[PDB]
K.L.:
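Just downloaded a structure that has lenacapavir in it.
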Amino acid sequence: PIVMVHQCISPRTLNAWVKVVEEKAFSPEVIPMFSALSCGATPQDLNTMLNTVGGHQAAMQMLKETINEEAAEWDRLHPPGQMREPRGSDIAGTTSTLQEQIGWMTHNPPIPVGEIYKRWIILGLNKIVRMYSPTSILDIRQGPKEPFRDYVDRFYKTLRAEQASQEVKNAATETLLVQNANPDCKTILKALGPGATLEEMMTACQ
Amino acid sequence: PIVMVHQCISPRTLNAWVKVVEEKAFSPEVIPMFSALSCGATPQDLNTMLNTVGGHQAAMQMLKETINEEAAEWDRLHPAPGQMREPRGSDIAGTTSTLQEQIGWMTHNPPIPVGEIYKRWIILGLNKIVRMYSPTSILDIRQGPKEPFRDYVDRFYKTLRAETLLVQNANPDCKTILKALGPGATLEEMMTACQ
Amino acid sequence: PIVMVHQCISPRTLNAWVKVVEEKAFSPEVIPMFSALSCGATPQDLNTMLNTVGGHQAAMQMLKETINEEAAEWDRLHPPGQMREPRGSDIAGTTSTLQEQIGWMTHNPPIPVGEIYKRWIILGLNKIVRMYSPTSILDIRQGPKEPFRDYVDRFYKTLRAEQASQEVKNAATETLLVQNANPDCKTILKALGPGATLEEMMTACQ
Amino acid sequence: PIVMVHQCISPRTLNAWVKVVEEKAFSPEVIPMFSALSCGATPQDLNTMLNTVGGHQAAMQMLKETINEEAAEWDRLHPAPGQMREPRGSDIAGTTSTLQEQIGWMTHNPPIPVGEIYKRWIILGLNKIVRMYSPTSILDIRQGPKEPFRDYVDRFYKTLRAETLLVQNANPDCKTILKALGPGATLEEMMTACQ
Amino acid sequence: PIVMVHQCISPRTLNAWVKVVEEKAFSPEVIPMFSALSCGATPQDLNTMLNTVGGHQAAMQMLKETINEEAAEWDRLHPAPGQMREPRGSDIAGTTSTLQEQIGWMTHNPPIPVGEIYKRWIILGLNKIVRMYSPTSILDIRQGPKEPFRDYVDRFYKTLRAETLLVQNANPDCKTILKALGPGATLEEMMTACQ
Amino acid sequence: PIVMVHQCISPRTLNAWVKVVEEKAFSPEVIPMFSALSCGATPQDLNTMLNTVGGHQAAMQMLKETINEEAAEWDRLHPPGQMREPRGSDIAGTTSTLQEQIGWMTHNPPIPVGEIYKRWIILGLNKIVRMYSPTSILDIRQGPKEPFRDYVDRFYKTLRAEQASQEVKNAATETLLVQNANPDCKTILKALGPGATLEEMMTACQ
Ligand SMILES: CC(C)(C#Cc1ccc(-c2ccc(Cl)c3c(NS(C)(=O)=O)nn(CC(F)(F)F)c23)c([C@H](Cc2cc(F)cc(F)c2)NC(=O)Cn2nc(C(F)(F)F)c3c2C(F)(F)[C@@H]2C[C@H]32)n1)S(C)(=O)=O
Ligand SMILES: CC(C)(C#Cc1ccc(-c2ccc(Cl)c3c(NS(C)(=O)=O)nn(CC(F)(F)F)c23)c([C@H](Cc2cc(F)cc(F)c2)NC(=O)Cn2nc(C(F)(F)F)c3c2C(F)(F)[C@@H]2C[C@H]32)n1)S(C)(=O)=O
Ligand SMILES: CC(C)(C#Cc1ccc(-c2ccc(Cl)c3c(NS(C)(=O)=O)nn(CC(F)(F)F)c23)c([C@H](Cc2cc(F)cc(F)c2)NC(=O)Cn2nc(C(F)(F)F)c3c2C(F)(F)[C@@H]2C[C@H]32)n1)S(C)(=O)=O
Ligand SMILES: CC(C)(C#Cc1ccc(-c2ccc(Cl)c3c(NS(C)(=O)=O)nn(CC(F)(F)F)c23)c([C@H](Cc2cc(F)cc(F)c2)NC(=O)Cn2nc(C(F)(F)F)c3c2C(F)(F)[C@@H]2C[C@H]32)n1)S(C)(=O)=O
Ligand SMILES: CC(C)(C#Cc1ccc(-c2ccc(Cl)c3c(NS(C)(=O)=O)nn(CC(F)(F)F)c23)c([C@H](Cc2cc(F)cc(F)c2)NC(=O)Cn2nc(C(F)(F)F)c3c2C(F)(F)[C@@H]2C[C@H]32)n1)S(C)(=O)=O
Ligand SMILES: CC(C)(C#Cc1ccc(-c2ccc(Cl)c3c(NS(C)(=O)=O)nn(CC(F)(F)F)c23)c([C@H](Cc2cc(F)cc(F)c2)NC(=O)Cn2nc(C(F)(F)F)c3c2C(F)(F)[C@@H]2C[C@H]32)n1)S(C)(=O)=O
């Protein structure tokens, strides 16, 4: 990473990333973990992290195709001894050296190729998280003997993995959460009506 | 975090927070653990920690609604090129502010401590979650007839933690001993007397 | 902690304290562990450590009442832009900010509120260690088939948890150790008489 | 390593490399792990890491023979008191050079990066080892009749990693779905279609 | 410890010492572990490490009595506002000295190294404990008739560690081989001969 | 160690050495582990590391006799307020203080007593690795149903533990490897003839 001087990847940062994917796969928390463990990363560090992912090579190829899509858009938007202009392949670290990546990231002003690449990767990880969610939000309904908290847990766990704006996800919640509570809770919830906080809803259905 | 220069979140700090929620859920010790592990945190760091919470998404939405309540109050109380702008509640929560803006606010002279402000909102929300997930009222904590007094007091204050009654809820044999001490006994004296 | 500048609690120091209490409860070694892990701690750090204690809330309330006792004694002894005088509640961190605690601890000369509070806590932990010792020293007697070393181990393990001066504890040893050895060892021990070292006693009864 | 001053190898860096070979042998992720854990390494550090590999001594001799091939090519391309001498291939590999000579080359103005050069030779050898120890050809990766498409693609690119065909090797039901998409489908579209 | 400025004891240094006593008790390797983990330690640090020893309180009282013996000898050999006072044995052991006094002695020009002095007393006591807890005399270590020579030598020097005889205590078949070598054989020659 | 100022042994370096010997004993990888974990070590650090070795006291006495041999050779070759000349016992740290060892190692120019001692120890460890190898190279022969890679693994594992020059070990390989392959592979190997790489041999016998 760049901390401005270049620094070696630490073994613990690398191991922390491998362990996250091993234990959580592509649960939504992989994205905050990747962003935090990739703080300051060069494109070379980013490629190291992705290359250490064990298995899940279908998702990694999907990630690659997302990167190629974003690099093509970068090239569309941005066609001796001096700083080169980075193309998409440079940002992805396929056609650029570490020395060039350091030069871009530490220049005044910088071309933050590490942050640009990280954005493309996170977009790819968002797609993977959506693709690998085992549930769809229309199928989350409160069981007749499921505590309301357990149902809300399942609801937002599913909604968390979908790829959409926060405002879009909130519309889905207003459309489905109370409506798919079980009969006894749904009537209590509708009696409270809109504007009830989730805290108030959970107290009323406990 | 900011320690003023910005530093990356530490991998151990990150893992420590995930592990605490994994192992203890929302027992009351999650609050001091969060406060200690979020020392110096930016709003981006704070959203990172909260986003790494596995499961418990009902609690996390409740936390989100507490943050929005506090952000709305911030906006009620606090409604140029190259100059520093005034943070809204959404800026403090990190939904409409960049990391550079957060660093700028947090390191300014004088600082707008958006990380500390957001952390206060989060801890208020965590307090609500700890209360919500406590399974028992203090009224229902009563010493069993064969329960050692120390175990009963352990359950009592563990329950109070998440929220004269100690004497009233003791079992008949110990209540008689405790009443004979007279009011004003220390807990150590009560525990010695009913040992 | 203060190391003079303030520094964040480290996750490992915090975890080390939680693990000590988890594994040892209120064995006497909790006190050296707490003192070492709380080196440089502010009252806020000290409250963080105590608040992370899992369970044992009876002891924690007893600790609280010891702190309130000491703070009341501090207040009895010690009734723009300048340094405030700390009351007992300030030292315990209930009515003081971290900024004020840093100010006291780094002042020239300092009001060492962290060390003062730590003293009150350790006094409280000493009480808890005494209260939670499962044995009393009068009940430690060498079995007819217990090796002398095992008996001495049990004797000093019990004496270690009692709350008393070192000179008082040494008086109890002179009163009880040889006297409560089993018949065969007690005669050998008395034959050596006083002034024998524990090394010499253990050789003579092995 | 050199970070320019020479530093001792870290015990965690050392253990991390031993553990990776212990747990994953020569799966393809050994290459990025070696490259990351050998950041800044001298040839002495690199020989230390390789000498700590437990077992797999056939692979290690193959690595040795790759290094000698590259060293011979270096000598083909690049054949005074107190002055700095020109490194041979054996000097870059650390068989005939001292640590002080390696430090001198690596820190000179301009530097002869013997650590980076040796690391390139080693990674070329590790690439050969990864290929040799892959048990399967991509031609033999075909979707089972009850195999979910995602599991098949997982095996496919895991196999390719160590080395239109994806469509041809899919099972009849999915191949029909994939052909109906027309050429040019993204992998995400193929995976959605055969989900 | 002092590294000169005073530093807090490290949590890992602390845990490393507790773990060593937990796992190996008072096998001889406890001595080098204590010496290494007490590098730079003040008398307060040294009392902290010793106070964290779990169990083994008979050994710890023996250690205490050794310290008092050495402290009495110190007082036999070495019997003003703002000035530095002369440390007694109790000051070196940390029973009558403050941390600031210990820091003052240890960092003075020239220093009174009370931490190193106390550490020598402690190691003398630990040596006594290692001897006391060794269960066997070297006279009772003899090679079994089916015991490989290497295992016997392992037991032999492990026993000597805690405290011609090697030849005399070997079994008849190996003793004959060793006598035929003649005196002056290295241990490697003896081990090769009786392999 | 010396990093030029003296520094305490780190607990993790020490634990890493103890764990290596615990898990690997005197497999050949003990030597690179010892050399890396002893980087910068004083003779006192080196004695600390060797003294923490659990068990294996026969090898440790053999190591001691190797050190005494090398120290005797050093003494043969190298018979107020100024720097003392180190004898072999000084280099081994038996008759020298840490202060003297620091003085030698940090002098201008240095007497690198830490590196000298480390050389003697590694020579001793080489002997121990050879002595404790459970196989001899003449006994490594490819089974009739052993994959060629498994046989080569066993061959070089055995050869790795022998104490000899690399050129000597390579002569043993040319003398024995193909010659002790099983009949079917040996004929394929001889058909390729000399100059075949091990990669080519392993492909031809797979
Ligand atoms: C080891 C080291 C020295 C290095 C490097 C290194 C250098 C560059 C690149 C790279 C980066 C971005 C793109 Cl977009 C492409 C590209 N896009 S392209 C031109 O259209 O094919 N190609 N490349 C290879 C390049 F540059 F060589 F051309 C890349 C990689 C990627 C990093 C990566 C890993 C990952 F998991 C997911 C990603 F999105 C990106 N790793 C690979 O690609 C390895 N891989 N191999 C194959 C296959 F076998 F099928 F072919 C497959 C992968 C895969 F990606 F995992 C995915 C399953 C398919 N690593 S290091 C620094 O890590 O120590
Ligand atoms: C990954 C990364 C790059 C980032 C970021 C990032 C950026 C901003 C915000 C955020 C912060 C504060 C508020 Cl108040 C809102 C808000 N309030 S609002 C406008 O009224 O909806 N919205 N946001 C999203 C924003 F900004 F996009 F709008 C936020 C988040 C939160 C952080 C957070 C996590 C948490 F657990 C509890 C919290 F209180 C806050 N995370 C999410 O919200 C994710 N999430 N998604 C849903 C879903 F919609 F599915 F139901 C749900 C959550 C949930 F919160 F967990 C809860 C279960 C419901 N993260 S990073 C820095 O972590 O690396
Ligand atoms: C989370 C965070 C932000 C903070 C803080 C924070 C701030 C202040 C204080 C505090 C400190 C000292 C005293 Cl004397 C009192 C006091 N004495 S009093 C006026 O006479 O009641 N009160 N306080 C609360 C105050 F200040 F709010 F008033 C305190 C605490 C204590 C710290 C503490 C924990 C502990 F284990 C043992 C201690 F001796 C002290 N924690 C609590 O008290 C929590 N607790 N709650 C209850 C109960 F539910 F029964 F009520 C019970 C406890 C308990 F102590 F554990 C014990 C079982 C009984 N923590 S942080 C920095 O940790 O991240
Ligand atoms: C311990 C320490 C102080 C050191 C050093 C040290 C110094 C130099 C070298 C070395 C480096 C490069 C080449 Cl190309 C040759 C070479 N090529 S050659 C002239 O044509 O034979 N020889 N050397 C030995 C040299 F220099 F002595 F000549 C080397 C090694 C290698 C490092 C290495 C390990 C590895 F796994 C794979 C590698 F590619 C390189 N280690 C060995 O070779 C050990 N080894 N032994 C044999 C045996 F002979 F038994 F079959 C075998 C190996 C083996 F390689 F593992 C492989 C299975 C065969 N280590 S340290 C710094 O680690 O602390
Ligand atoms: C907690 C903390 C704040 C502190 C401190 C603190 C301060 C001073 C001392 C101390 C040091 C040296 C000597 Cl010579 C004597 C002494 N010699 S004497 C006058 O002749 O009695 N006395 N002391 C106590 C003093 F100073 F108070 F007087 C000491 C101790 C010792 C440290 C120690 C532990 C150990 F294991 C072995 C040692 F050799 C020394 N610990 C104790 O003695 C505790 N202990 N208690 C008893 C009991 F009485 F129950 F039998 C027993 C012990 C025991 F030693 F373990 C042994 C089994 C017997 N610790 S901290 C810095 O650790 O955070
Ligand atoms: C604890 C501490 C403060 C210290 C120190 C300390 C100081 C010096 C020395 C030492 C160093 C080198 C030589 Cl050559 C001799 C020597 N050679 S000699 C004159 O011809 O006998 N003697 N010494 C002891 C000296 F100096 F005291 F004389 C040494 C040792 C050795 C270090 C060592 C350990 C090891 F494993 C292997 C080694 F090659 C060297 N440790 C011992 O020798 C302990 N030991 N004891 C016996 C026995 F019981 F049989 F006797 C046996 C050993 C043994 F070596 F393990 C081997 C099984 C036989 N340690 S510390 C810094 O570690 O914290």
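All chains are named by letter (A, B, ...) in the order of the sequence lines, taking the proteins before the strands, and each is independently numbered beginning at 1. Values below: all heavy atoms of this structure, side chains included; hydrogens, waters and symmetry mates excluded. Read the numbers this way: they start at 1 and go in the same order the structure lists the ligands and their atoms.
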K.L.:
What is lenacapavir (ligand 1) bound to here, taking the chain with most contacts and naming it as the PDB entry does?
P.N.:
HIV-1 capsid
K.L.:
Please list, by chain letter, the other chains with any heavy atom under 4.0 Å from lenacapavir (ligand 1).
P.N.:
A, D
K.L.:
Which neighbouring residues and nucleotides define the binding site of lenacapavir (ligand 1) at 4.0 Å (non-hydrogen atoms)?
P.N.:
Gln44(A), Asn47(A), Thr48(A), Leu50(A), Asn51(A), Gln57(A), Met60(A), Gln61(A), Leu63(A), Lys64(A), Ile67(A), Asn68(A), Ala92(A), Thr94(A), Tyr117(A), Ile31(D), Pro32(D), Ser35(D), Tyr157(D), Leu160(D), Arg161(D)
K.L.:
Mark up the atoms of lenacapavir (ligand 1) that fall under 4.0 Å of a heavy atom belonging to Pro32(D), in ascending order.
P.N.:
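The list of qualifying atoms is 63 (O), 64 (O).
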K.L.:
Does atom 39 (F) of lenacapavir (ligand 1) have a protein non-hydrogen atom under 4.0 Å from it?
P.N.:
yes
K.L.:
I'd like to check whether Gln61(A) has a polar contact with lenacapavir (ligand 1), where a contact means an N/O of the residue lying under 3.5 Å from an N/O of the ligand.
P.N.:
no
K.L.:
Go through lenacapavir (ligand 1) atom by atom and flag the ones less than 4.0 Å from a non-hydrogen atom of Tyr157(D).
P.N.:
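In order of numbering, the contacting atoms are 50 (F), 58 (C), 59 (C).
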K.L.:
Specify the source organism of chain A, per the PDB record.
P.N.:
Human immunodeficiency virus 1
K.L.:
Answer yes if a protein heavy atom lies under 4.0 Å from atom 59 (C) of lenacapavir (ligand 1), otherwise answer no.
P.N.:
yes
K.L.:
At less than 4.0 angstrom from any non-hydrogen atom of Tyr117(A), what atoms of lenacapavir (ligand 1) do you find?
P.N.:
11 (C), 12 (C)
K.L.:
Within lenacapavir (ligand 1), which atoms have a heavy atom of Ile67(A) less than 4.0 Å away?
P.N.:
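Near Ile67(A), the atoms of lenacapavir (ligand 1) are 14 (Cl), 39 (F).
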K.L.:
Would you mind listing which atoms of lenacapavir (ligand 1) come within a distance below 4.0 Å of any non-hydrogen atom of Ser35(D)?
P.N.:
64 (O)
K.L.:
Please state which protein non-hydrogen atom is closest to atom 16 (C) of lenacapavir (ligand 1) and give its distance, to 0.1 Å?
P.N.:
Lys64(A) CE, 3.3 Å
K.L.:
Could you tell me the residue and atom name of the protein heavy atom closest to atom 30 (C) of lenacapavir (ligand 1), and the distance to it rounded to 0.1 Å?
P.N.:
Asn51(A) ND2, 3.8 Å
K.L.:
Using a distance threshold of 4.0 Å (strictly less than), state whether atom 19 (C) of lenacapavir (ligand 1) has a protein heavy-atom neighbour.
P.N.:
no
K.L.:
Hey, does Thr94(A) come in under 3.5 Å of lenacapavir (ligand 1), counting only N/O atoms on both sides?
P.N.:
no
K.L.:
Quick check on atom 27 (F) of lenacapavir (ligand 1) - does any protein heavy atom sit closer than 4.0 Å to it?
P.N.:
no
K.L.:
Could you list which atoms of lenacapavir (ligand 1) come closer than 4.0 Å to a heavy atom of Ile31(D)?
P.N.:
1 (C)
K.L.:
Would you check whether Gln57(A) has a nitrogen or oxygen atom less than 3.5 angstrom from a nitrogen or oxygen atom of lenacapavir (ligand 1)?
P.N.:
no
